[PDB]
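Below, chain A is the first sequence line, B the second, and so on; all start at residue 1.
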Amino acid sequence: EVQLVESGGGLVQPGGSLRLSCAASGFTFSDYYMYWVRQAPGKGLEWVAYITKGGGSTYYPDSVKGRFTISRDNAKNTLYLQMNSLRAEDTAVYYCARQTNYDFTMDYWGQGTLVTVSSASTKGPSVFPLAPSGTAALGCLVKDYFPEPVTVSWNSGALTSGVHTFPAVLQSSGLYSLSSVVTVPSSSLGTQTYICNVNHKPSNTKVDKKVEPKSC
Amino acid sequence: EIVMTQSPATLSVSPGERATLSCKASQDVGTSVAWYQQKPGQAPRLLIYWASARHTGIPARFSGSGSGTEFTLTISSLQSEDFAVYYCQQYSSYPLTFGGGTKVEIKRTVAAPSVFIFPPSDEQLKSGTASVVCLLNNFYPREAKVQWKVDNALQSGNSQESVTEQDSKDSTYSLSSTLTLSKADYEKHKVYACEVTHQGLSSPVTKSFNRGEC
Amino acid sequence: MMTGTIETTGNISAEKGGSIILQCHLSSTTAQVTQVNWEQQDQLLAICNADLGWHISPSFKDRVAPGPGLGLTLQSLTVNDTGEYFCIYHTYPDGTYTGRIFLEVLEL
């Protein structure tokens with residue numbers, strides 16, 4: 001089964017340099033032409049690079065020409081994107097994608113790496129409980145962190161239906177916060193326990209908080 | 001560069017109906033147009049290539065057409081899962097260009113929100129700031145309004161909201177308003193309210209607590 | 001087991017700046033030709049897809065025109081065009097047949 005797994009995204013400072021990688025599995029990598037595509041937060045799709053089967057020809061749009069370099073290691077089945085002189089407008093999810101062997105477009109894509117270019121520094125979040133007072137609601141508030149992203153599970157992936165994790169919001173602090181909530185049977189409140197699992201990999205923060213009706 | 005224009009950028013279509021997305025080209029691109037479907041938090045997947053050919057594994061109610069400069073994507077028997085942003089792309093000449101995207105919102109029947117208020121945790125109050133949050137759950141359409149009042153004083157310029165993307169199975173939105181305050185001003189007042197209006201509500205819905213009770 | 005053969009238009013020497021026709025033909029098989037590629041060792045020039053027709057690679061748009069038939073017309077030859085060209089037939093149920101054309105763009 002065809003797989004494109006990307007890594008190397010992160011936070012890096014203006015003018016800095018970063019190298020993304022994309023590991024291919026499930027097809028003959030050396031047979032395929034490859035691209036990188038980026039997408040700014042809340043924006044559309046921007047083609048960024050193109051490399052031939054072998055590596056002998058490369059193309060880039062002007063926006064990025066000179067600073068980004070696409071390469072490949074067909075022995076390791078891995079595609080790379082070398083980024084230099086990173087400016088603000090390079091913040092984006094970066095996708096790798098293989099070219100159709102039946103046409104000249106983009107057949108299959110990786111999940112993407114977020115690349116954040118900024119002067120601000122990594123900060124972990126505080127996890128606070130949203131406690132329940134039919135159907136009942138509760139959840140976790142995740143306040144003051146940088147950069148994105150943060151991931152929230154419930155009961156370490158067990159509790160999945162009824163969960164809403166909201167888009168992060170940038171506060172005036174220049175820091176982000178969000179909330180995750182789940183709706184549950186009210187009957188289930190005094191019996192089964194509800195734990196959120198907050199993970200902020202940039203700050204190497206992992207926290208599990210349990211929400212219960214508050215001790216008044 | 002060849003400029004791909006997708007307009008409207010937004011379309012609201014009822015379940016079961018037929019959506020028609022448009023993609024114009026600043027110059028002739030032949031039939032070297034593709035269409036991608038991008039669901040939230042997900043990589044784009046390829047729907048149509050060669051202007052009208054359907055990628056394998058793609059349901060037959062997706063169909064593309066067009067040549068030259070005017071292209072079209074048509075989603076028949078539209079359903080909740082089809083909520084996505086759809087981009088056209090030309091590969092006739094360099095540089096490769098994507099269109100702006102057209103978000104297809106599924107225009108389901110009106111659903112009133114379910115409101116919930118959460119007072120700040122004591123563990124947060126140990127740090128000087130208190131956050132009071134209000135949840136609006138599984139409603140349609142998107143437009144909904146939230147007013148905070150502390151001791152019946154309407155709050156302003158101290159809240160922030162976030163809406164989820166349209167749900168892929170029931171096509172509703174959910175919303176969170178967050179009131180951020182000093183612990184100082186939090187402790188100087190006692191009743192905290194979240195008041196919600198919405199097209200599915202015959203009359204405004206309020207949810208309250210009194211700081212220090214239960 | 002795999003009976004077909006490729007004829008070609010033969011190895012080419014041509015002056016800079018002209019246009020020239022390259023073509024192959026598959027014979028002595030009845031397999032269905034699902035796709036024909038034109039390549040250059042590392043570069044894909046054009047795909048004639050069974051029921052869709054011709055697409056020229058975007059990096060060759062104005063250098064290559066499709067046709068005649070399953071062939072190509074290279075348009076304004078430069079010394080850089082010198083090299084081996086391949087017509088690659090994807091067929092069912094025989095498989096992949098390949099024919100080779102060498103092109104030498106001279107500056108007499």
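Looking at chains A and B, the drug there is ociperlimab. In this PDB structure, UniProt names the chief binding partner of ociperlimab as T-cell immunoreceptor with Ig and ITIM domains. Ranked by heavy-atom pairs under 4.5 Å with chain C, the first chain of ociperlimab is chain B. Of the residues of chain C touching ociperlimab, most belong to the UniProt domain Ig-like V-type. According to the PDB, the organism given as the origin of chain C is Homo sapiens. At a heavy-atom distance under 4.5 Å, the epitope of ociperlimab on chain C covers C/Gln35, C/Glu39, C/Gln41, C/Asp42, C/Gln43, C/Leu44, C/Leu45, C/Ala46, C/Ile47, C/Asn49, C/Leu52, C/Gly53, C/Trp54, C/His55, C/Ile56, C/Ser57, C/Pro58, C/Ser59, C/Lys61. Here the residues of ociperlimab in heavy-atom reach of chain C at a cut-off of 4.5 Å are A/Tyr33, A/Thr52, A/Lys53, A/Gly54, A/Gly55, A/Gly56, A/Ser57, A/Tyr59, A/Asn101, A/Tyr102, A/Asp103, A/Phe104, B/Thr31, B/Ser32, B/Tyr49, B/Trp50, B/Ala53, B/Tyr91, B/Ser92, B/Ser93, B/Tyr94, B/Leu96.
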